[PDB]
Each structure stands twice: as structure tokens, then as C-alpha cells.
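All chains are named by letter (A, B, ...) in the order of the sequence lines, taking the proteins before the strands, and each is independently numbered beginning at 1. Method of determination (from the header): X-ray crystallography, 2.7 Å. Heavy atoms only: backbone and side chains are in, while hydrogens, waters and symmetry mates are out. Excerpt of entry shown; contacts counted in excerpt. Indexing begins at 1, ligand by ligand and atom by atom, following the structure's order.
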Amino acid sequence: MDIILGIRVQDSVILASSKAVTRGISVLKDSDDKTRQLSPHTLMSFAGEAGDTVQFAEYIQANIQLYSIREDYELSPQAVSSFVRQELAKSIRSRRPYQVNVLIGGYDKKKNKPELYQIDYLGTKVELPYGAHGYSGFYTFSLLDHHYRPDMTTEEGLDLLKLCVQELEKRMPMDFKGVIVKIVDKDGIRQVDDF
Amino acid sequence: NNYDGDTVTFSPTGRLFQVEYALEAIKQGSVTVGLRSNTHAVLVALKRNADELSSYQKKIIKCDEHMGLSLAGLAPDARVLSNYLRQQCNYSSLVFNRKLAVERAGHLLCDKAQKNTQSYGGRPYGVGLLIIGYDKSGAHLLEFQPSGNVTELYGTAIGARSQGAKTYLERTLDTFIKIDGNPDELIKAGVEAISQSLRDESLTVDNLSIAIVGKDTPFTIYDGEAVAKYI
Amino acid sequence: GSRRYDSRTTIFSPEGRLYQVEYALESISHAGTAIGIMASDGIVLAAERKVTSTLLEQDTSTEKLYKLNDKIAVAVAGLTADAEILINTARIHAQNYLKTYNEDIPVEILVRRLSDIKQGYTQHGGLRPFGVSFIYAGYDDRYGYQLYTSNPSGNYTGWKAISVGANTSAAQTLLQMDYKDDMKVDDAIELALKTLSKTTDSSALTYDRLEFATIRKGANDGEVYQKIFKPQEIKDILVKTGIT
Amino acid sequence: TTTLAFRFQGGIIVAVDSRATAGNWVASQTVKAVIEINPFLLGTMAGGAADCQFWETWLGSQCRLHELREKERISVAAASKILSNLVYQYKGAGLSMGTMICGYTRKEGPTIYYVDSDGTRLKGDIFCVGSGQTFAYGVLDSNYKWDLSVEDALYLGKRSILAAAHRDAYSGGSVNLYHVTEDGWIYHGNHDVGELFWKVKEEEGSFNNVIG
Amino acid sequence: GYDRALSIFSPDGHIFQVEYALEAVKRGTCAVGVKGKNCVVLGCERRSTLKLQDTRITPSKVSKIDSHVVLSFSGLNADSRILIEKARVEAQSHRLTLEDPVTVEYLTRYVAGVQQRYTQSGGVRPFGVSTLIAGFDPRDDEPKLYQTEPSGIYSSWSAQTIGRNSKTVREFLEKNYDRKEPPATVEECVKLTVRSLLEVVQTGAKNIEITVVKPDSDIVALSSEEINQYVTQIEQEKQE
Amino acid sequence: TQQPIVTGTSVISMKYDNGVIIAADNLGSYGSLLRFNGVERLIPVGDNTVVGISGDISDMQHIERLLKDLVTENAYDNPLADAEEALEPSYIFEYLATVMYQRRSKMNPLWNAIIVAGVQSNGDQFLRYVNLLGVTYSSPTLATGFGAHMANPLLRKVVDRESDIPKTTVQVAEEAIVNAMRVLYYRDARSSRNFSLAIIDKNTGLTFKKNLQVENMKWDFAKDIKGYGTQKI
Amino acid sequence: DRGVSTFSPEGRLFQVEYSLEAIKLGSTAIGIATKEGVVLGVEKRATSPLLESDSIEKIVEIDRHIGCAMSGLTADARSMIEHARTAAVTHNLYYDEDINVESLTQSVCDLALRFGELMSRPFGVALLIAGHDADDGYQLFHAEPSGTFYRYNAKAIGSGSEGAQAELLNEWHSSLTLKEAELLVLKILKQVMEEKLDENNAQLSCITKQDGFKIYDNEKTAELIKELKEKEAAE
Amino acid sequence: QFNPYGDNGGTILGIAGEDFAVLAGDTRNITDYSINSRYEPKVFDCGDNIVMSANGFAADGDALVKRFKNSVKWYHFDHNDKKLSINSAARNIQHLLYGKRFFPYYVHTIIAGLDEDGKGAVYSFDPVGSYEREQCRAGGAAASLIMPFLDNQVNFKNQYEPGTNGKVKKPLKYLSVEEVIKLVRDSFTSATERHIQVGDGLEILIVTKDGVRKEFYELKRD
Ligand SMILES: *[C@@](C)(CO)[C@](*)(O)[C@H](CC(C)C)NC(=O)[C@H](Cc1ccccc1)NC(=O)[C@H](CC(C)C)NC(=O)[C@H](CCc1ccccc1)NC(=O)CN1CCOCC1
Ligand SMILES: [Mg+2]
Ligand SMILES: [Mg+2]
């Protein structure tokens, strides 16, 4: 767990997440998918303390899927993000808090708009055009401030994202073994296999 | 009649009918005999079967190296009470490095049965027990009834047709009490005692059940070919 | 012990009915009639107050119609005290949902949970059921305008027009006769009042013996407004339809 | 410890050392670091001996209860997740475990799950765990191919443990080999490092840094 | 807490509360389940004494437990919601721990276990509900149809019906359903299900609900016009 | 988690041919302050057991109450309470040893070191130690605190092993105990001159001696000692 | 009404005696013990022909060395089996060994009387528990809701129990082979069953030291049924 | 702050033969630099031909042995007087130890007896329950002194056949009870010389099919 990025463009939300899983002085895996599909049009990436990350993500996934079956209806990204924030807000004052930071990328079918939410382990929610967790932000934010435009296409967003990964690969101390990129739009969630 | 719905109700004449109905379950149970001398204490039990294809219901249970009982009535209730005795015997050993007195064993059983006769919801125990043992004051024989009443005796018997064996022991009292340092003769007296409660059936090899405890004898149970000597 | 005095409220009859639920429904059938009618552009809630006294304070009174949130209201039929217990629970449940999801609670979800509470009292706990039947009138962005009813059994169903309380048999026949799908709110208002006027056990229907409420999109642009009618407003709407 | 397990054409190889230490004191040279959950599942042991032993035996009981209730063999995924969910409940209490749950089923094929005491659960093709994991990784990575024969794969797993046993002070004793197939696992013997080292040195021509 | 033993044995060896719960099921609207060669169909009666209903929002008779399993019922409607909720929760819990969706047998066994628990627990009455649970196991194309009842017994059926006048429709299915050759297609299976309900229902308008379940989480509910076409077709063939 | 406040120092004891002897001074120290001087730290249980206690005095008084209550409880429904079913030293010890270990296991110990000395019903000598940790051991000689360091060496010269017990008389054994108490008065800064001594014999029973004093002390040589090295005056 | 844990004037628990009447209404189950193994067989009794009979699970595995057959209110047996399986596996975990058949039966029977005003009523199901261990060998137990269990050489429970038990009395001897026992269960089941016995409405099972507990296939049982009919016609 | 643990010293040793097994242990009990007892046994006959010792913190050691003896007692009650096999006892002890994983028994535990084939068996445990069957095991204060000697003399480690160019190892073979006791006595006299916590006395418990025999030997008392 280390690098997770998110970019909201005109018609979609793009999430990029590092593939490396490191423990001690060994990279145990270089093909790890740090994300879970919460619903057909909502995707959550995550990063933080080992074990807590997956345990939290799957717990949220189970709850949202339960809701979908009960109501035969998909919750809006805004509704899901609020539910997630509250769970983390509860967690921070627990005996042992979830040390997990998340990005929630979703497409609202009622509004026909993409939405990106950044939520840290304290339960601090913000809607953003672009977001990051960890040390990644210290490079990407200033880069996106410069190059990002609100009316960009998905292809323009992917090029903008490539620019971020290149900068991280140049200046970051740790080898994070590249990223898995996923796109969320009106047609649902799909993975970019060649990045 | 109107006063037997539960154990918490007294009858107009001051009787507890649920306790009396529990006492009735013992009378239906198979006969078992208890007797002792000064050196040893013996339990003899007539085991009962469902049919020729079935096994014979085990009547005797070991509680410690120096104590154990025989049952008559509801067997599961005997299992609960014997388990409680095992724990109490065991508590006495671990905490005080002390073998539990047979008299205290009786007192503990009395108090456990009593609580079930004064509270709503619960029921009385439906079993009678004959506890034998050898402690610091020699050999002992107790009779437990689920009313709570525990009684120390030289000899006794409980179950169906137990009056026959109880009469015999009342006649033989002076003889068997002085059978000291002779296990086999004390058992013989107990086997002859239980024989006074037999009707149509006789004592066979997988029917009879004997147990003994004494001065230099741990509580041990004899079944099968080990009781063929006494037929 | 105490077994002797237990009524056993949560058991089946030999015919497979829940005694207490059936007897609670019998109780509700003597309560003042309450009608709900759903139109294409709004919902009407009309209810008859139980034999009014002339010295009853009418303007500062609430017996039949209660507000659950800004988008949902209920009409009550049965024990008012029982209804208020359930109403406060429903109000809290709506706020819990808003707090959790930052969205107003969908009508059915609120109805289901309130109905699930009633169900519990019929299956476990050994307590008497709530002697209450509700008519839920509300709006959300999924299904739009909705009418539901729940009863002591905890069973709920959706409706276009429905009555609870007294004379529901006669009232439901009259609603079934004159109701149609392309109906407006103003027409539904007239139907609700006319139905009560004919099914009432009173001599004549007057403003002081009624509670009335509408849920329109009559506010300014794409938003819902709840109107709990004042005494003078009921007096005017009663004259306007030619009942008095 | 040094333990490894890798996926290949012919199933799964599991290889471990047999050393146990209390500081610099070598407590045992004959420890069983592979635990037989059942005839089809293996679990490796690294970290706390008791924690691994106790809970992976417990895991076998849970796996047995599963097939009694469902009349079907438990998946490697489900078995590993029972263990990971258990240790996650004890997170912060001080459990020390680094295990690999290895198995072969019909729906999954050969599967390895790394499960660790801080809650991590990873599916993967190759894993090395223990104080000598880096030494084993070095030999394994440089010689690993998917199209290894069963004979060559068994040797690679053995040779990788030997590499760690040599360099890592807290690894050694002997090598225990396992081959896992759909029909179950097959034990491929205990190999004393004392005799194995000299044998490999001579036959392979490696370990020139050592005087032979 | 309320502790009373409501479900108890009688002298003749019967548990009347469980048997009276079956009477509540007998009162409920008819529900039918028929499984074909590559599908299962769940048919349900809706009583027509209720006009002025809003069918958009009214609770549907067939409920999705997961994307691949469905549950219909006969008996007390309020009681059914509790079983459906528990089943839906267990479905998600199974996916979370086993990393695989429930089998239809497992889900049935769970629901049946819940029903049984309420027949020997203090302070509760049995569920006045019998269920028909149908679907397809993960990565499997064999159709599954199970039935449960208040006592807690469950079993698998080639075809089955529950509710009021269920003995009439069971009589129909027993002679019309061939074990050696089940309904080969979706149309054949739906038709047999509609036919069986037409023995009991009254009119084939807004009284019959049909839900078709196919492999790999393919579930769809038929509309009024779609069902009415089956009703129109069957009646014309009948006049012969 | 505790810290001892008012404390009692060494308890010493040994076996002899027909029984056991046990002794302890009558002081209750409050740190360096020798606060309380009338403290009895030997507590008889029946006529066949004496429990000697060192360490925290508040916890000692608690243990006194437990032993007193134990005697009461044993008499309940017990016709042979003064005969066959009387309390044995082994019973009393095991009870305390159970309590001490339970209390240490709850991280709330009784801050004591205890020696149970007595004679069993069959005449056998009983002497066993238990402390705040629940640690137990038996030996021909037993002592707590400073007594372990200074008394045991002296008492072991008399009874070095099991075979020396029949050869040791009550006169010789008492002499050694009294000598040991003098040495502790010389060398233990939290000790007093006044002490109590108890003898439990299989023939003569329990003999409890109060208000004993250390005597026949050697101090005269002190007058010759001048300065710390060179000083002549 | 009246208390759940009440004694009758004759000295029996009303609810326990009433649960025994429920067991008499249940489908027949038969067990026979031999030196070569123990055989367990049950009547399935499908309520309707549309019901898929293979889903009727009235014979059940507890462990590799212990099997179980049931009769009565079969839904009540689920928690009893769950307990038995847990008890068997738990003992293996604590003691690294198989658990004795008698000890397993005792563990199940401890649940029986844990009812009152714990669960609300006794179990309405009887169990035949068959198994093998190193000490006492092949065993068959009859576990009742009274909390009592008897060991049996042979035993029948259910609606046709008294008629079947009288038949087992004559037919059983100590030198019965496993094959002879299999046929004897089928023979006696066919006698007491309402509908005609075949592979679909009856099920066989056994437990042997070598192969453990096994439920027979419908193909295997069908051949034993055919072998049985031929042998009766042969004299 | 109160420290619930202590070190009572001492050392123990378990060796397994073909048809027998021994479990030895010194009889000295200590705290810091003081001797508490010169004869305080810590090797116990627990019944069913199982001998046991739990060395380290004596209070925890006594509690464990006491609990296991009690476990054996209840095993007979619950399972028709069945004999508790050494392997079943080992697994039971694991659960006793691990039951206090978060407040451990500070002891090294060893048990000895015969397996179900009649062959000698020794099992050793760490403080929290990890166990292993072995031919040979020393535990306690002087385990580091004794154990490598056992590796050399019992399992013949580092010993090669003379003249074979260090190619043929010395063959493994079972030792007689006489040869084993010689190694035990020499192990303890050597440990007594070089470890201050070891001495006073040596008590050996030998286990055969006939039962449990005892042997006692003096050790240096300094
Ligand atoms: C390589 C060999 C090194 O990591 C492997 O990782 C092996 C795996 C094998 C053993 C399964 N790991 C160990 O050998 C492991 C190292 C270790 C120890 C402690 C924590 C993490 C890793 N060794 C142990 O666990 C040893 C095994 C013994 C030697 C058989 N055990 C101990 O060190 C024990 C208990 C340690 C402990 C763990 C958790 C809570 C409390 C304690 N300690 C002692 O035996 C110490 N001594 C015993 C005698 O009595 C006084 C205390
Ligand atoms: Mg090394
Ligand atoms: Mg010295």
C-alpha cells in the first residue's frame, strides 16, 4: 500500500493504484489490485495499514451489496461516500481504529455526472476534481493544478495520469511497481490492461 | 389436584406434590442395595434392560478414588448430581489437599436438591442415590432422596421391591456389620440381600453390578465375568 | 408462578390467526375514518375527528395527521397514544438515514422499518400489539408520490386511494367508483371530502370535525411542500366544494 | 526460519528448513515447519511456533467441519480466509505468524495464499517467508520458470532452502519437501543440510567460497 | 425477557402452534414453483378484492435474496420480510467469508434452520410462512427448487405449490409434469406454471405474477401484457 | 499492583525429631521507622499448626481473618471437628497457597512470605513455605527475608539433610533458633530484640512462647575499635 | 395451562412422554450391528411424487468413524447433528485421536433435557448412532429425547418399530456377516413400509473400520434389493 | 511495580529408548543466589504411564502439572476409563499452555512415556504450547550445557566411522536403560560443575511397560 490517485474528468472518473505489496526488505507481490467494486457504477480504492485496508474495503462492499439487494436499487456515489465517511468517523474513536485512506470514484446515473470523493482514515470527506493519498499528493497536486482542465476527455485524463505516474517514478524513493488503472463512467467500471 | 402444577405450591395439608411425584419415579426404578461393615462399604445394583437386544443400564458411578454412588430413577439427573459431586470432591483436593468427607458430600447434595423445590420454573430431581465411601472416620453409606433428605445408614435399598432387601438387612444387621477385613463375604451378604427383591428373574452375569470401597481398596466397579464369582 | 396470568399475546388460533392482531383490528374499525388519495401532481390526506365537543380547542389540536419529515406525513386510525410512540420512532429513523447517507429517506424504507417493529410485537416479547393503522403519504425522487398503509400485523401495502378506521368497506367502494388515474390534487380534495361526507356517522360534516393535509409540488420549481390545513382553510375548502 | 512455496506447471512445491532458535541458542534442528492441515492442504509455519501450530491445527478442524456440512471440499480461498479473519480479531494482541496456505482444487487449480498476523491475505505464485527469505528469493527468482518439470521444481525448492540455510544463521538443520497435487500432497523426504551441502557442492560445482 | 414456551407437545404428539402456523400458510395466496431443463419459474397469486392498488410501490411477492437466488412465499406477509432480511444478510456474509455466493441448498438450509429455531425457542411463535426458494448455484446450470415450512423441514422439488387451494394445483402438476422430460424451454415452463395457476386463480388479468430465473444471475419479472398473452393462448386451446 | 507499607521482617523455622519450631520478631516497620512494637506475626490455627507471616501487615491481618473464618467453616456440620476431621497443617497450607497464587494471577498479590509449621495427624512433621508469587517449597529449615541469608546457614549446620532430623532434639533445635534470632538482631536493620517462638510437638502439642528477648550479646569488643584506619585515639 | 418440566402422578415428564408419541409418527429407521460392521437404513417417505427423494437426508455423517440415522420431527435433529459434529472434531483437536462412540452419544444426550422455563421443549426426534472405535469396536446406540441411550445389537425406531423389533429379535445372531445384515435391513424395511420398497424411497448406509462411514448409492442399494427378492423366492 | 514472574532455576532432561523412556531433573530449588530447598521434586508421575516436568517458574510449573493431572482424571470419567495416550496428553497440554497465551506459564515442559506401539516417547513444549516429539531433550537453566553433549552421545552427531574419510556416519541405534542412565548422571555432574543453579540431588523417573520406577543420586551441594 502506498500510491492511490484519482482524476474526475468531463464524463468519467479515473482511479490509479500502485501494484506493489512490500513487507520489510522484500517486495512480496507486484500485481496487487488495491480496489473493490462497491456497486456497478461505484469503485473504491484504498491504502494504509496492512490487513485493515482489505478488511475495511470488503466490509463496505458487503454492506453496499446488501443495500442493493434489499432495495433493488443502486445508491448514489454521494450516498455511498457519506456511508463510508460515517464508518471511518465511528472507527477513529474505537478501541482499534481502521487506519485506511480511500478514494471513491463513481458515476451518478440520475445526474449524469462523474464524482470523485477523497476520504482519509479520520473520516475527512472532500469532493474533488483530482485527489491523492499519502506522499503522492506532494508531487501530483501541483502538477494537476497546472495541466488539469474541467472539460477534458477520458483519453486526455489518461495522458494527464501518465504524466503523474512518470513524475512519481522519477522522484519517489520507493519502487511501487507501476499502477492498475480503472475507469468509471455511464457504462460502469472497466480496467485498462496496458499501462 | 389443584396444588400439583408446580414445585412452588403447597397443598392445604402442607404437601409438595411435585416432590412426591419425583419420589414416585424412584419407586419405578430398578432395585439397588447398599451396605457396609467397619472396614468396607458395598453397593449392589440390579441393572435393567430395554429388551434382549439392548444393553443393561449402568447404575453405579464413581465420584472419586474413595467415593461413589448407585442410582435409581432418572439416570440423566444422576449424571448431573454425580458430576456435581465429582467437582466438589475435586475442589476439596485441589484447594485444601483434602479428601471430601462423605457426610459433607451428603450435605452438598441436600442443599442442591432443595433449591430446585423452592423456586418457580425449575423442577425437583427425579432420582434417588446411595452414596458409599471411605474417609478419615471409616466406612460410610448414605441415602439421598430428591426431596433433599439425606440419611446415613448401616444398610439400605431403594427402587422397586426394595422393601424385601431392606427387611433382610434389618434382620442381618448384627452379622454383616462385623464382616471386617473380608471383601468377598461382605459382597456375598449384599448379593443375598438384593436377591430378596427378585421376582421371576434371577441374577445373571450381565445383569448384576457390584461396587466396593474400603481401607486399602479404592472405589472400583465390577461387571461382566468379574461378578460370576458371586452367582 | 406467573404463568397463571399470562394472556399469551403472540400465539396462533386453531384456524391460524393471531388473536390479538384480529382484536386490535376490531378496535381500529371503531376509530374515526381516515382517507388517503394519491393524484398525479400531489397527495391528499383527510381524516374525521372522533365525536368533537364544542369546547374542544380546534386550531391548536393534532389527533389524526402527523408530520414525519418535510417529505412524509401520516394519517392515524386507532389509539393516539400508541401512534405517537411509533411516530417518534419513525421521525428518529428518518433522521438516522439522513445523517448516514446525506439524503432524505425513501418512503418505503421508512414504512418497512415501522411495519417491522409492529411485526415484532406479534411474534415475540409477550406484549400486546400496537392498536394503530397508518396511512403514509410521502414523496421521494425514486417513485414520486406514494401512499401506503400498515396495520397491527406489521403488514404494509401500497395504494392509489385507501381508507382506514370506520366504514372502510363503504368508503373503499365509493373511492373505487369515482377514482381515476389522471386525477388532479384539487379533484382528489373534492373526492376525499365527498367520501367522508357520505360515510360519516355524524349528521352533517363540518370544519371543526375534520383534519386535512396535502402534499403538492405546488412550491416554486421542483420541490415539495407540506400543507397542514388550518380551521379557516378547511371551512373555506368545504364551502368551495358545496358541502356546507 | 526459511519457508517457500511456488506455483508451476505440475502443481505446487513447498520447501522449508527445520531450525528453531531462542536468541543465538539453537533449540531444535528437527522442527516440522510444514503442517498438514489435511490430506490436501498444507500450511507453512514462520514467526511464533505456538501461534502457527495451534491455529493451523484449529484451521484443519474448521476445514473438516466445512466438508461435513457442505459435503464438498473447502476451497483454498475459503480456508485461508478463515485463518486470516481469525488472526485479524487478535490484531494488536501480539500474535506472530507468517504462513502460506497451499492447496489444489478443481475450481481454483493450484493456489497459494500468504496469510500473516497483521491481517494481510495475498494470493500469489511465489512466496518466501522467514529470516532467510531473501536468500531463497535470490535463487528462486533467477531459476524459476512456469514450465519446470516436477523433478527440477523439487530440486529448485530444495536448493533455495539450502542457499538460505547456508547464509542465514537462524536457518538450517534439514530440508523438508512437499509436492501438492489435486489428489493430495506427496512428501518428498527429509534432507539433512550437513550431507546435502557437500553433495550439492560436489555435483553442482557451486559454493566455491567454501573450503571443501 | 419473555420466556414462555409457546410451541409445546400435546398428548397425541403434536405441536399445535407449528400446525396452526401451517393453517396460516393455507390461508395465504397461492404460490407455485416449476423447474424446467434450463430454468426455474416462480408463479404467484394476487387476490382481486383489492382495487385502487398502486402496483409500482406495493411489495412484490417474489424477492431477490441474491443476484442468483429468489424467494417466494405463502402465509403471513409481515413474517416473510423477517426471513427474507435474514437470508439476504447471510447471503452477503457467505460471500465475505467463503469468497463465493451461496448455493440454493445452503440458503434453503439456513432459512429452514431459522424457521426451526422459532419452534423450540422460548417467548416466540413459529413463522406463519412456507417458502419456495429457487435459483442456480455459482458456475452451475442445473436448476434448483426447494421448499421450506414452519416446522423447519425442507426438501427439493421438481415442481411444487403452496398456499390456498394448493392441493388442487398440486393435483394438476402431478399428472402434467413429466420427470423423464421436464419443460425444455422457458416458454414451456412459464406456460405450465400459468396453466397451473389458472386452475385456481379466477381471472388472468392483474392476479398472476410470474418471475423467471435463468443461470448466471439472469432474473427478470414479466409484465401484465406478457403474462396476458399466455392467458389468452391457453384459453383458446382449451375450447376444444 | 501494590507496594508494602507496614512490614514484618524474617520468619525462621526448622524440623526436629518429634516436631517443628518457628519464630519471628514482634516488629511492624514503616520503612526505616520502627513504628509498631507489639505485633504478633505467629498465628496458631487449632492446636497443631502455626502460620508465620512476613511482609505487609495489612495483608497479614487479612490472612488472619481468613484462617479464623476457616476454623469456623470447618466446624459447620462436622461432629468430628475436634478429632478426625480437624484442620491439618497440609489443609491450611494448600488453602493459603491457592489464595496466594490466585492473587498473583490477578496482578493483585498479598505482599507476604508465609511459613506453615505443624504436625500432621499421623505424627509427621509439616514445614512448607509460600509467598506473594505463589511459589512453594519445603526443607528441613525454612526462613524468609534476611533469615534466608543468615539463619538458614546456621540452622543447616544442625539439620543439613533428612537423616539429621531424628538425631536433633528439641533442646538443640530451640537453641539454634534463638541463636539465629540474635544474629538477625545484630545484622538486620529492620529487626527488633523482642520476639515470639512456637513449638509444635507430636507428644507435648503446641507450646506458644511470647515476649522473648535476645540476650547473651557480644558488644564489649566495640570499645577497642577506634577510627576507620589510622586514628589511634 | 401447566409447566413444561412437570412430572405426572406416575413419575414421568409429560413433555418427554408426549415427544415419544411424535417419534412414533415418524418414518422407520433400522440399525444392525455386526463384527464386520454396522448397517443403518431408513424409510424416506416422500409426501408427494413431485418431491425429489434424493434431497431427503435422514442418514447423516458425524465423523469418519460415526454415522447417524433419525426418525420423528427431523428438523429438530439439525442442531443435534451440529453439536455432535462439533463435539467429535473438538475432541480430536484437544486429544489428537478419534472420540469414542459412547462418549459422542453421551454428549448428544446431554442436550436432551436442557429444556424448560435453555430451549422451550424437548426434541421430537430419536437418533440411531452407529460407529466404531478401538476399545469397544462396532457399536449401535439409540438416543432418545429423555436423555437416555441404550446400546443395541439391533434396533428399529419409527412407525413400524414394534413390528420390526420383534422381527429383529428372531433374525439377529452374533455371527452375522455385513452382507447378511444389509439384506436383513432391506427385508424388514419392506415389511413395515406402506409403499413398495425400492432404491428411491429407501436408503442404506454402513460404517466399517477400514473405509469409515459411507452412504450407499441408489445403484448399489438397487442390486441388494434385487439380490434380496431372489433369495426369498429360492426356498 | 509488581513482577508476577520468578526464576526457580533447576534443569531437566528427557531421553527415549526402544522400550523405555526416562525423565530426569535435579532437586535444587533457588531464588537469586539463595537455595530454597536441596530436595524439592519437579518430576511427577501423572498416571497412565506418563511422567511430566515443568521447569522454570515453579509456581506456574506446579499449577500446570496440577491441571494436567486433573485433566487425566476427567479424561477417565468422560471416556470410560480409557488410557490417555502420550500423544493425546501432549495435544492436551498444548491447549493448557496456549489457553494462557497472553499471560503465559513461564515454564519449559517435558513429558515422557511410551507410545501406542510400546516404544519410548519424549515430548517437549515451549511456554505457550508449541510441541514436538524427540528422542532427546534437555530443558531449564543448564539446557545449553547438556543438550549439545546429548546430540553427540545419543544421536551420534558429528561422529563419523573411522577410516571412511568422513563419508560414512556412525550408525544410529537404541541405547540400553543402563547406558542412558550413565549419560544422564554424567550430564548432570557436568552441569553441576559449571552451573551454579544446578546441584544437590538428581532424581530420575524411568518408564517401562511394567510401570514407573525411581532412582536417586547425590550431586555436589556447593
Ligand atoms: C526461523 C527458525 C526463525 O524465525 C523460523 O521463523 C522459526 C519457525 C519455526 C520455529 C516454527 N521460528 C522460530 O524458531 C521462533 C522464533 C521466534 C520466537 C519468538 C517469536 C517470534 C519468532 N522460535 C520460537 O518461537 C521458539 C520455539 C522454541 C525454541 C521451541 N520459542 C520461544 O522462543 C519460547 C516462547 C517465545 C514466546 C513467544 C510468544 C510469547 C511468549 C514467548 N521462549 C522460550 O522457550 C524461552 N524460555 C523457554 C524456557 O523457559 C524460559 C523461557
Ligand atoms: Mg545458517
Ligand atoms: Mg554454594
Check your understanding: What would the PDB label the drug at ligand 1?
Key -> carfilzomib (bound form)
Practice item. Provide the name in UniProt for the chain that contacts carfilzomib (bound form) most. Key: Proteasome subunit beta type-5
Review point. Which chain letters have at least one heavy atom nearer than 4.0 Å to any atom of carfilzomib (bound form)?
Key: D, H
Review point. What molecule name does the PDB give for chain H?
Key: Proteasome subunit beta type-6
Review point. In chain D, which UniProt active-site residue has a heavy atom closest to any heavy atom of carfilzomib (bound form), and what is that minimum distance to 1 Å?
Key: D/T1, 1 Å
Check your understanding: Source organism for chain D according to the entry?
Key -> Saccharomyces cerevisiae (strain ATCC 204508 / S288c)
Check your understanding: In the deposited model, what is the covalent attachment point of carfilzomib (bound form) (residue and atom)?
Key -> D/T1 OG1
Check your understanding: Which bortezomib-contacting residues per UniProt in chain D have a heavy atom closer to carfilzomib (bound form) than 4.0 Å?
Key -> D/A49
Exercise for review: State which residues lie within 4.0 Å of carfilzomib (bound form), judged on heavy atoms.
Suggested key: D/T1, D/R19, D/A20, D/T21, D/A27, D/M45, D/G47, D/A49, D/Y170, H/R101, H/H108, H/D126, H/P127, H/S130
